[PDB]
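Just so it is clear: chains get the letters A, B, ... in the order the sequence lines come, proteins before strands, and each one is counted from 1. For ligands, and for the atoms within them, numbers begin at 1 and follow the listed sequence. Method on record in the header is X-ray crystallography, 3.3 Å. Heavy-atom basis, side chains included; hydrogens, waters and symmetry copies ignored.
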Amino acid sequence: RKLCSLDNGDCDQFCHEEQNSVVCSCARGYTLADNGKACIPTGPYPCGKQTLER
Amino acid sequence: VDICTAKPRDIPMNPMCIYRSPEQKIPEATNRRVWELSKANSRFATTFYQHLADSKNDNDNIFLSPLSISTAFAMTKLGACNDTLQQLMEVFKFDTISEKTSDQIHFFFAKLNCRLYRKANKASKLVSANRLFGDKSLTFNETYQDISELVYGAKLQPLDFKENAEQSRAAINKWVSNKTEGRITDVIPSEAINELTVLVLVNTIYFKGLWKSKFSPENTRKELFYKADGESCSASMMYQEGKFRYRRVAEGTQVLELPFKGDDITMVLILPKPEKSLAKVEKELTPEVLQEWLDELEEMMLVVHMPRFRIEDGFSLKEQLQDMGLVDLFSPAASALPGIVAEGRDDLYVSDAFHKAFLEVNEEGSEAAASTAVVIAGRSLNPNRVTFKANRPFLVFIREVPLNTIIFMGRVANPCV
Amino acid sequence: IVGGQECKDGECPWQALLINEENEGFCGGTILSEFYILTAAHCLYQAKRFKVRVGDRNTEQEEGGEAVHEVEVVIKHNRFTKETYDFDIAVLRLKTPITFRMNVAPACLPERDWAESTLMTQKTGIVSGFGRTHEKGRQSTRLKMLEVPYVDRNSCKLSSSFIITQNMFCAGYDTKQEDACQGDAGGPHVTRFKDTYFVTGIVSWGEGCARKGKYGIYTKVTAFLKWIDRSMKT
Ligand SMILES: CO[C@H]1O[C@H](COS(=O)(=O)O)[C@@H](O[C@@H]2O[C@@H](C(=O)O)[C@@H](O[C@H]3O[C@H](COS(=O)(=O)O)[C@@H](O[C@@H]4O[C@H](C(=O)O)[C@@H](O[C@H]5O[C@H](COS(=O)(=O)O)[C@@H](O)[C@H](O)[C@H]5NS(=O)(=O)O)[C@H](O)[C@H]4O)[C@H](OS(=O)(=O)O)[C@H]3NS(=O)(=O)O)[C@H](O)[C@H]2OS(=O)(=O)O)[C@H](O)[C@H]1NS(=O)(=O)O
Ligand SMILES: *[C@@H]1O[C@H](CO)[C@@H](O)[C@H](O)[C@H]1NC(C)=O
Ligand SMILES: *[C@@H]1O[C@H](CO)[C@@H](O)[C@H](O)[C@H]1NC(C)=O
Ligand SMILES: [Ca+2]
């Protein structure tokens, strides 16, 4: 159903709509990518990420 | 006639030879004397447990009724004289009690037992089977026999030890059975009674309490038990959380009281620190310290891990008692029981004393009040939970609340099997 | 927990654990970050002296990896009541920051709006803790986790004996009998989106544990992200 309604705006985390158009952001400890529609970590152990070291 | 409502000197009193030796308030409905004859037993109970402890293996469970073992030898104190009695007086600490008591004592001990009999059976079950045994030939006193009836329960039962000894032995046993309605049996072993066994002491008890607060079987499962021999074990481990009275003494041993129905009879357990060896506790055990363990108890929300267990004990009390100072009572050459006979020629003594105790402990218990609570059931736990996982060497105590009598004493060493 | 399973190494790193001076757990936490822990309000009510242990999956046997932090600042939502269990939440600031490692990492905090539209609409979430395992059974030795279908608010209410604040929310299986239980309060209820988990609600109360037609009540985080990070600034 339009913008964020459809597949959560091809983002990786949060969806909004500043200026009648899709926009993405990210949880603290993350940094949106240059492509703008994906969240690239900022450190090793970031929130929501099951610790998996093997 | 019923003793539980019949003061002494209402029956032939003041017997032969009565011994004499060269601020703590009395509880509710209680007789100054009972509470006395009672605290005496306490004094006696620790010493005895200790000795009886060395007699066995730190790995064998222990169980018994000091009060019984105590009351029985009180039917001897009754008809004893000279140097023999004195002993029976200082080994069962009956020398602390006042005049009157230290005489009619045999009576009170009864008036005591009754009290401890009701409250117990009222909600739970306590069976006892105890009698004195002597050979025919010997002509036992008429009086003592009358006393012994309306005080210890029954008269003395003459048997043909000399004639068909064993025929008589296995005759006693059966008697115990037809009294303890099965539960206790073989009170007396084989090679205990021969053609010389003139007099033997026989007291035996069975007990299975009722938890004030049950234990769900559904919360019972096989877990480990870390024996004192180092070994491992798998026993039925019960479990329940609730508010109980409890105390962790400075030393660290853990004192837990679990009441039976009606809070008239509780069974405190003594679980030492893992650093501590249940033995050291036993080596260091005093009446004074039995006090500390209880004197200060608080009601908390503690989780209890307790095993389900059974314990049947049969043993000759003579062995021990002797070492404790009672000598004459068992030596023909030098006795002094002219109260039960007085005719032979110093030919009356005690060959042995057989005490057989048996304890049962399953999850059972109940009050079942109701589903008396229908409110928001927060899903958090009691911030101040305390745990008592007696999955290792722990003592047992069964007492009366007001009077504070130590009905049963005992130890849980090997539960599993 | 009642049913569910056992968090295999690193499946619920955010789970935290409040314990007492006698050392005993009794309220789940939710690592929000290196300093703040997210727990229930009723958890601290009649409490007295405790601490937070992180990344520990077994209580009967301590084997490093586990850490014990102290509480510098406790903050219960001032408007909480044991008579409505509304506003059952609180934030915990520790004295010395956590050191992230296996079994230890936070869970993310959604953004109100997005949250209410993307996690809350989702089918399930994962509560976890060391609660019991039957209404009045034994405590868990290990850290169980269990999935839980979100429940229709309007239905939650018809099943509930006690009112349901818009601060609360339900999670349970209509007929299957599994749920959160005593010892679990304050624990996390995280909902996944893509490869990330966000905390959505806090383990609050419920009637019994897994009763017929009864649901799991959780503090709707999504309706406190404000009071939260506000608290997260003392
Ligand atoms: C050398 O001096 C010593 O010997 C002399 C003489 O002894 S002799 O009798 O062998 O010759 C002693 O003097 C004699 O002893 C007196 C005494 O014991 O006080 C007296 O005993 C009779 O009267 C007592 C008082 O009765 S009462 O009406 O005042 O109450 C009585 O004692 C009471 O007994 C009851 C009882 O046993 O039921 C007690 O009840 C209390 O406990 C009950 C529950 O008991 S339980 O076992 O715990 O379950 C409760 O139901 C009850 O509520 C409770 N009372 S409550 O207020 O707390 O609620 C009551 O408290 C006692 O006072 C005697 O009964 S007895 O069982 O105690 O023996 C009774 N015995 S009787 O002679 O058969 O009638 C004698 O009269 C007296 O003789 S004398 O010639 O007048 O002196 C002397 O005391 C002794 N000195 S000492 O040895 O150094 O101490
Ligand atoms: C027993 O009792 C008295 C002491 O009161 C003593 O003189 C006597 O010699 C002793 N032996 C007996 C019974 O003769
Ligand atoms: C106990 O002994 C009595 C008498 O000998 C007998 O009648 C009774 O049956 C015995 N106990 C039972 C009920 O078996
Ligand atoms: Ca652990």
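- The molecule at ligand 1 is the drug named fondaparinux.
- Here, the main chain in contact with fondaparinux is recorded in UniProt as Antithrombin-III.
- Other chains with a heavy-atom distance under 4.0 Å to fondaparinux are given as B.
- The binding site of fondaparinux, defined by non-hydrogen atoms within 4.0 Å, is formed by B:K7, B:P8, B:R9, B:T30, B:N31, B:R32, B:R33, B:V34, B:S98, B:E99, B:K100, B:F108, B:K111, B:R115.
- The entry attributes the origin of chain B to Homo sapiens.
- Of the residues that UniProt lists as binding heparin in chain B, those with a heavy atom under 4.0 Å from fondaparinux are: B:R115.
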